[PDB]
Amino acid sequence: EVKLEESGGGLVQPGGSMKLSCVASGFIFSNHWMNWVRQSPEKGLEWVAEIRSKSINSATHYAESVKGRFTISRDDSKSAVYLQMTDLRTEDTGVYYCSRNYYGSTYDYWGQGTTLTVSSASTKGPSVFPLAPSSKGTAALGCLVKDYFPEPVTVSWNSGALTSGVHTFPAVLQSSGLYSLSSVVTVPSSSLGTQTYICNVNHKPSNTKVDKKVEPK
Amino acid sequence: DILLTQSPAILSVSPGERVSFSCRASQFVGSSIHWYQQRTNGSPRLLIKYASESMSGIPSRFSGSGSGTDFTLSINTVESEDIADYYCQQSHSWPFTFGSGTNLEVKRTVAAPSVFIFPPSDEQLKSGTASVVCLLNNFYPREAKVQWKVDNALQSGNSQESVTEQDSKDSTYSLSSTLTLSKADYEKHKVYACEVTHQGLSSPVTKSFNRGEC
């Protein structure tokens with residue numbers, strides 16, 4: 001079984017540096033051309049850098065967008081390939097996959113990806129505001145989870161007792177550089193006077209945990 | 001670089017349907033087109049090499065064709081494990097490049113959104129900002145027009161939409177549209193309205209409220 005396993009991702013400010021690492025097993029590592037390929041919503045999948053076998057001088061190749069800033073290297077004794085990044089830009093944000101390219105053809109094995117976030121935003125817990133069920137069958141209510149960084153937050157409802165009908169939306173990046181999302185849930189209107197509805201918000205990077213009771217205003 | 005144009009970006013498949021999607025290279029790439037599948041939260045997985053050669057362990061319903069500039073991946077009867085993104089990649093010349101992807105989603109019958117509007121909470125107003133949320137719940141297909149109107153002025157540039165992944169049980173989407181204003185801008189106006197156009201609605205739906213009332 002071929003396995004590739006990346007590590008070293010994280011959060012970094014623009015101008016900063018970070019080194020990614022990948023460990024391979026299940027094939028003769030020193031024979032093969034190791035690559036980094038990144039993926040973002042805006043640019044899709046982008047080949048980043050390649051380092052070929054020592055038998056061909058272990059030559060390196062870089063996409064134009066990272067040439068001069070990134071350095072790819074390998075340590076055959078450790079079955080490791082590395083990506084050293086410098087002068088990092090917000091648009092370098094993405095998921096970075098370690099991948100084997102089969103001698104100039106397919107990317108035939110891929111790791112699990114490691115996440116790079118380049119941002120000058122400071123780590124911050126969310127504020128949590130109620131989305132109160134409208135005073136006018138089925139009612140909708142929820143929680144607005146605003147102005148946190150970085151991803152992710154987790155939202156549960158009534159400590160996990162309430163799951164069906166929950167929609168926790170994907171976070172959206174605001175022009176402030178902070179994230180925001182809503183978690184909503186539809187419940188029987190008749191249950192508004194019988195059942196309490198509490199959203200539990202957890203933001204690990206800021207050690208923030210908030211419980212917000214949502215009730216008719 | 002060689003550019004790969006994948007079409008469509010979104011393809012809706014009913015299970016048991018024979019589907020195909022397209023990858024066009026901006027210049028000749030011979031047979032050096034390779035196809036990948038990426039399931040939600042997964043890594044790319046190689047499916048077809050050199051346009052038509054299926055990888056071992058890859059189900060036989062997958063087959064590829066094409067040479068020159070126009071390439072096709074076909075799934076002869078889609079299964080629910082094939083719901084994923086699909087990318088092409090050329091290795092004809094350096095640097096190697098990928099298409100933007102085709103997402104396969106589950107086709108189902110049209111379902112109208114249930115629409116809800118939420119005024120900003122008093123808590124948030126005390127903090128100096130106002131978010132107004134318009135919720136479109138459990139609808140299909142994904143395409144919906146949501147317009148904000150504040151005292152009859154159409155809003156532009158001050159709202160953001162977010163859409164869930166397709167629901168695993170009913171194949172619907174939900175969508176939030178959040179209008180964000182300063183506390184002072186919010187208080188200049190009285191009527192806040194969200195108008196929703198969707199194929200499943202016989203007439204567009206408006207939910208609205210008067211600022212500060214109930």
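In what follows, every chain begins at residue 1, and chains take the letters A, B, ... in the order their sequences are listed. Recorded method for this deposit: X-ray crystallography, 2.2 Å.
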Colleague: Could you check which drug is at chains A and B for me?
Modeller: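 PDB records call it infliximab.
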Colleague: Which name does this PDB record use for chain A?
Modeller: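 In the PDB, it's called PF06438179 Fab Heavy Chain.
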Colleague: I'd love to know the name the PDB entry uses for chain B.
Modeller: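 Per the PDB entry: PF06438179 Fab Light Chain.
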